[PDB]
Amino acid sequence: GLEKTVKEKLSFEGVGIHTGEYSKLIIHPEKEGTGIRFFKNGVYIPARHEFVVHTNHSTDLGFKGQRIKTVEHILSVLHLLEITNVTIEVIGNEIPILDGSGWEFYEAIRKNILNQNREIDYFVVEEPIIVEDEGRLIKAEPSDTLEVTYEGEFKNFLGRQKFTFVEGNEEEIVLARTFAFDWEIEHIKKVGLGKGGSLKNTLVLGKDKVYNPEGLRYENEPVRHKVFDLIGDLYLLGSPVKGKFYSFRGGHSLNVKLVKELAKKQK
Ligand SMILES: CC(C)(N)[C@H](NC(=O)c1ccc(C#CC#C[C@@H]2C[C@H]2CO)cc1)C(=O)NO
Ligand SMILES: COC(=O)[C@@H](N)C(C)(C)NC(=O)OC(C)(C)C
Ligand SMILES: [Zn+2]
């Protein structure tokens, strides 16, 4: 496909899930070859794995003392829409969580795409690879299309679930919200995270119950969301990705480990 930017500036704002602070974004059009980058306090932070500074409960980037938490959801939307050149100006410390999914970003950006004049140089997975960390595993192999499977093993009523995204099915993952388990939330808050979490932006689950009155958007909403997260983390390769991926219990740390290994192999 063609490289793409946005036709005009687009703004989003709201609380961040981990900081609990209110932040604002402005997405700026950029010319071919710019890439995806964030901008904060005069500093450009490329959306690339070299700038990752944190991977526990979110993927965060930093450069020159300027940090932005929770980049994975906006990056996933940009990856899915193949937006390749933009600057995400951040006023604040975190990307807004909005409803917990990619939906608001996706709907606004998709109606505001500007095609550009050269084609995308995709990051094409060249050979099989596997990364592992204590029972968790992610595998990648060559594919002409982006295909991403996540398999979860939940210690509540959900049990085992799996879900596969393929190109053309973006609408199946951009509404899946972030989630949390009631028995884990105290620790998450104790370690300085989750300050903005609520039933308005998070699917909160117990051993045998759902806290949100509206319930789940899909019976497998959590694994759809984990696929969505992985697609955002994969964009830290710096180009839209072609490959077939399978994650068993992976999270941001393992996702970024895979990205760094792929980048090293194909440098
Ligand atoms: C899903 C994944 C991959 N682990 C990660 N999400 C988080 O880590 C995360 C998201 C929300 C909360 C909360 C809250 C809350 C709350 C109020 C108390 C409940 C109302 O009764 C805590 C952790 C993610 O989506 N990364 O992208
Ligand atoms: C059992 O609780 C933990 O160990 C959390 N650190 C853990 C569950 C690994 N978070 C997680 O899923 O990874 C993400 C993707 C970084 C949010
Ligand atoms: Zn997420």
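Numbering starts at 1 and runs along the sequence shown. Just so you know, ligand 1 is whichever comes first in the structure, and atom 1 is the first atom listed for that ligand.
The drug located at ligand 1 is named ACHN-975. In this structure, the main binding partner of ACHN-975 (ligand 1), as named in UniProt, is UDP-3-O-acyl-N-acetylglucosamine deacetylase.
Of the N or O atoms in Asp229, one or more lie within a sub-3.5 Å distance of an N or O in ACHN-975 (ligand 1). Which parts of ACHN-975 (ligand 1) touch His252 is read off a 4.0 Å heavy-atom cut-off, strictly below it: atoms 24 (C), 26 (N), 27 (O).
When heavy-atom distances are rounded to 1 Å, the UniProt active-site residue of chain A nearest ACHN-975 (ligand 1) turns out to be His252, 3 Å. Interface of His225 with ACHN-975 (ligand 1), defined as ligand atoms under 4.0 Å from a residue heavy atom, comprises 25 (O). Residues flagged by UniProt as binding Zn(2+) in chain A that sit under 4.0 Å from ACHN-975 (ligand 1) (heavy atoms): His73, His225, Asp229. Nearest protein heavy-atom contact of atom 25 (O) of ACHN-975 (ligand 1) is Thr178 OG1, 2.7 Å. Here no covalent bond ties ACHN-975 (ligand 1) to a chain.
Here the heavy atom of the protein found nearest to atom 23 (C) of ACHN-975 (ligand 1) is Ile188 CD1, 3.8 Å. For atom 12 (C) of ACHN-975 (ligand 1), the closest heavy atom belonging to the protein is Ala180 CB, 3.7 Å.
Among all non-hydrogen protein atoms, the one lying nearest atom 14 (C) of ACHN-975 (ligand 1) is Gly197 CA, 3.6 Å. Among all protein heavy atoms, the one lying closest to atom 19 (C) of ACHN-975 (ligand 1) is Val204 CG2, 4.0 Å.
Between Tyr211 and ACHN-975 (ligand 1), no pair of N/O atoms sits closer than 3.5 Å. Residue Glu184 does not touch ACHN-975 (ligand 1), judged by heavy-atom distances below 4.0 Å.
In terms of protein heavy-atom proximity, atom 4 (N) of ACHN-975 (ligand 1) is closest to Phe179 O, 4.5 Å.
The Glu72 neighbourhood of ACHN-975 (ligand 1) comprises atoms 26 (N), 27 (O), with distances under 4.0 Å to a heavy atom of that residue. For atom 18 (C) of ACHN-975 (ligand 1), the nearest non-hydrogen atom of the protein is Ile185 CD1, 4.3 Å. The shortest N or O to N or O distance between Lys226 and ACHN-975 (ligand 1) is not under 3.5 Å.
Below 3.5 Å of separation, one finds no N or O of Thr202 facing any N or O of ACHN-975 (ligand 1).
At a heavy-atom distance under 4.0 Å, atoms from both the backbone and the side chain of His57 approach ACHN-975 (ligand 1). Binding site of ACHN-975 (ligand 1), heavy atoms within 4.0 Å: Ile17, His57, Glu72, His73, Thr178, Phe179, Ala180, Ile188, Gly197, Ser198, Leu199, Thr202, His225, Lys226, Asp229, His252.
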